[PDB]
Enquirer: 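Following this message is one structure expressed as structure tokens.
The lettering of chains (A, B, ...) simply tracks the order of the sequence lines. The residue numbers of chain A are those assigned by the PDB entry, with the residues present covering 2-209 sequentially. Throughout, chain B uses the PDB entry numbering, with the displayed residues spanning 1-209 in order. First listed ligand is number 1; within each ligand, the first listed atom is number 1. All heavy atoms count here, side chains included; hydrogens, waters and symmetry mates do not.
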Amino acid sequence: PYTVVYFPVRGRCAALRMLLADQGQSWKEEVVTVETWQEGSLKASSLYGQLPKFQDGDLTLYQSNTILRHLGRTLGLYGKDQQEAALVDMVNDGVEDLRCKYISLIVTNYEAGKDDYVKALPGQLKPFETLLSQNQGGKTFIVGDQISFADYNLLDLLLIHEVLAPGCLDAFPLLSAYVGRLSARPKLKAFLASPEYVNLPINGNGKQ
Amino acid sequence: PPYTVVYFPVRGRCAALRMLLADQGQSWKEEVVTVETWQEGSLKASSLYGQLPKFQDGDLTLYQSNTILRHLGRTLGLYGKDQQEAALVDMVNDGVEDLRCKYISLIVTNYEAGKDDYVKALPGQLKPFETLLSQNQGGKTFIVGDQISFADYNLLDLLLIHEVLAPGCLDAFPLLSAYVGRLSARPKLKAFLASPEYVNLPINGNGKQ
Ligand SMILES: N[C@H](CCC(=O)N[C@@H](CS)C(=O)NCC(=O)O)C(=O)O
Ligand SMILES: N[C@H](CCC(=O)N[C@@H](CS)C(=O)NCC(=O)O)C(=O)O
Ligand SMILES: C=C(CC)C(=O)c1ccc(OCC(=O)O)c(Cl)c1Cl
Ligand SMILES: C=C(CC)C(=O)c1ccc(OCC(=O)O)c(Cl)c1Cl
Ligand SMILES: [Ca+2]
Ligand SMILES: [Ca+2]
Ligand SMILES: [Ca+2]
Ligand SMILES: [Ca+2]
Ligand SMILES: [Ca+2]
Ligand SMILES: [Ca+2]
């Protein structure tokens, strides 16, 4: 029984929402506003004093990747053996690092920094193209035969990079087909077109 | 195995995974990459994300220090008792990861202007681990469940390098303070923590700590 407590923004919940939609799960969205947040109660009672906070039945979770690995573990989205498990984690950590650099740019330094960042970008996208080239021609998923929680996080990451810098995936045939093929999965396709996704901004400060 | 840790000559992001191996009774080879070899470009260019640590476990090659930790934690039974505990272990480790980058960021980019703000913010950042200890067996065992987990080794490293940055920062936090000594006192880790292997590396690459 799933509840997502976050700001009215896609951000660090985009990926875990795509995961839930595509696994055909329901969930509730409890929305915290900037005004409510500044009141202090929820931040004070939260583990590390941030959001997302995620309820699953009796269990309360924080940290967006802790949620991904949790859903991935509980819904069978984590490779087939212990080695694919390691390789899933490798991809997701690599996604986390580029997502961090994306956030600092968006939040702290967008205007002066976008040019440098965009220059750097193909260098940062290369490894996921490489990894796809090494896993059955890139025709499948980022790791092994099956969908893993990393796929959802790398999909979100590519989507928001196509908005920040359109055409950045054009030099990368594998990543470029991948984004279209995953988006074409019918439970994701629907969600991705639903108002519950479409009607949120990507970040909180209006930049993208 | 055989395990090989390829990295710079510093504790940095391999301190925790090293402690894990030592305490788990494992041996491994340290392949050292100097700043001068790194600037040549070859190893960088052939590395998945162009960074170190690289870690070989037999035929398997891994990157990303928390990938190493969850891999070792997974394969050596250091990941909690069921799925719920796996989530709590991940929650701890991610929390440890965020304060590690705030640490790294200060060290590397801004240590002089920044140490003062960082140090006042510190207790607020340390409290959650106190809180977590207080809710698991009065704080007397490990950060999650009845058994040691990869998260413990990463949290222990984090507390150590913070006693070096800011001596006495754990005086206000009884559970974390006892935890540091009790984990450091485990016989296979006591030994490693006293060995030249550990003692003769600096914490970071720029001479600050
Ligand atoms: N380590 C991150 C933490 C998330 C984070 O940076 N939270 C932000 C928004 S996504 C926040 O709650 N900031 C408001 C504050 O610090 O009060 C995660 O994966 O969940
Ligand atoms: N996400 C990190 C990446 C490690 C990292 O930030 N590596 C640094 C040194 S600790 C590096 O290889 N920098 C050299 C460079 O950027 O060329 C991990 O957990 O392994
Ligand atoms: C993750 C983020 C953007 C994708 C982020 O860092 C962030 C921080 C503070 C925020 O507002 C709450 C406040 O009053 O500070 C909001 Cl809405 C966001 Cl989205
Ligand atoms: C681990 C680090 C300090 C916590 C770190 O980020 C780092 C970066 C570059 C480095 O040298 C090679 C070079 O590129 O100069 C070295 Cl030795 C380190 Cl340790
Ligand atoms: Ca709903
Ligand atoms: Ca709602
Ligand atoms: Ca599956
Ligand atoms: Ca194209
Ligand atoms: Ca050795
Ligand atoms: Ca065990």
Enquirer: Of flurbiprofen, ethacrynic acid, dexmethylphenidate, which one sits at ligand 4?
Expert: ethacrynic acid
Enquirer: List the macromolecule sharing the largest contact count with ethacrynic acid (ligand 4), named according to the PDB entry.
Expert: Glutathione S-transferase P
Enquirer: By chain letter, which other chains contact ethacrynic acid (ligand 4) with heavy atoms under 4.0 Å?
Expert: B
Enquirer: Is B:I107 near ethacrynic acid (ligand 4), meaning one of its heavy atoms is under 4.0 Å from it?
Expert: no
Enquirer: Any protein heavy atom sitting closer than 4.0 Å to atom 9 (C) of ethacrynic acid (ligand 4)?
Expert: no
Enquirer: Using a 4.0 Å cutoff against the non-hydrogen atoms of B:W38, which atoms of ethacrynic acid (ligand 4) qualify?
Expert: 12 (C), 13 (C), 14 (O)
Enquirer: Mind telling me which species the deposit lists for chain B?
Expert: Homo sapiens
Enquirer: Which UniProt domain of chain B has the most residues touching ethacrynic acid (ligand 4)?
Expert: GST N-terminal
Enquirer: State which residues of chain B, listed by UniProt as binding glutathione, have a non-hydrogen atom closer than 4.0 Å to ethacrynic acid (ligand 4).
Expert: B:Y7, B:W38
Enquirer: Protein heavy atom under 4.0 angstrom of atom 2 (C) of ethacrynic acid (ligand 4), is there one?
Expert: no
Enquirer: State the other ligands and ions under 4.0 Å from ethacrynic acid (ligand 4); answer none if there are none.
Expert: ligand 2 (glutathione)
Enquirer: Below 4.0 Å, non-hydrogen atoms only: which portion of B:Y103 touches ethacrynic acid (ligand 4)? Side chain, backbone, both or neither.
Expert: neither
Enquirer: Give a yes/no on ethacrynic acid (ligand 4): does B:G12 have at least one heavy atom closer than 4.0 angstrom to it?
Expert: no
Enquirer: Under 4.0 Å, heavy atom to atom, what does ethacrynic acid (ligand 4) touch in the other chains?
Expert: B:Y7, B:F8, B:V10, B:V35, B:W38, B:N204, B:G205
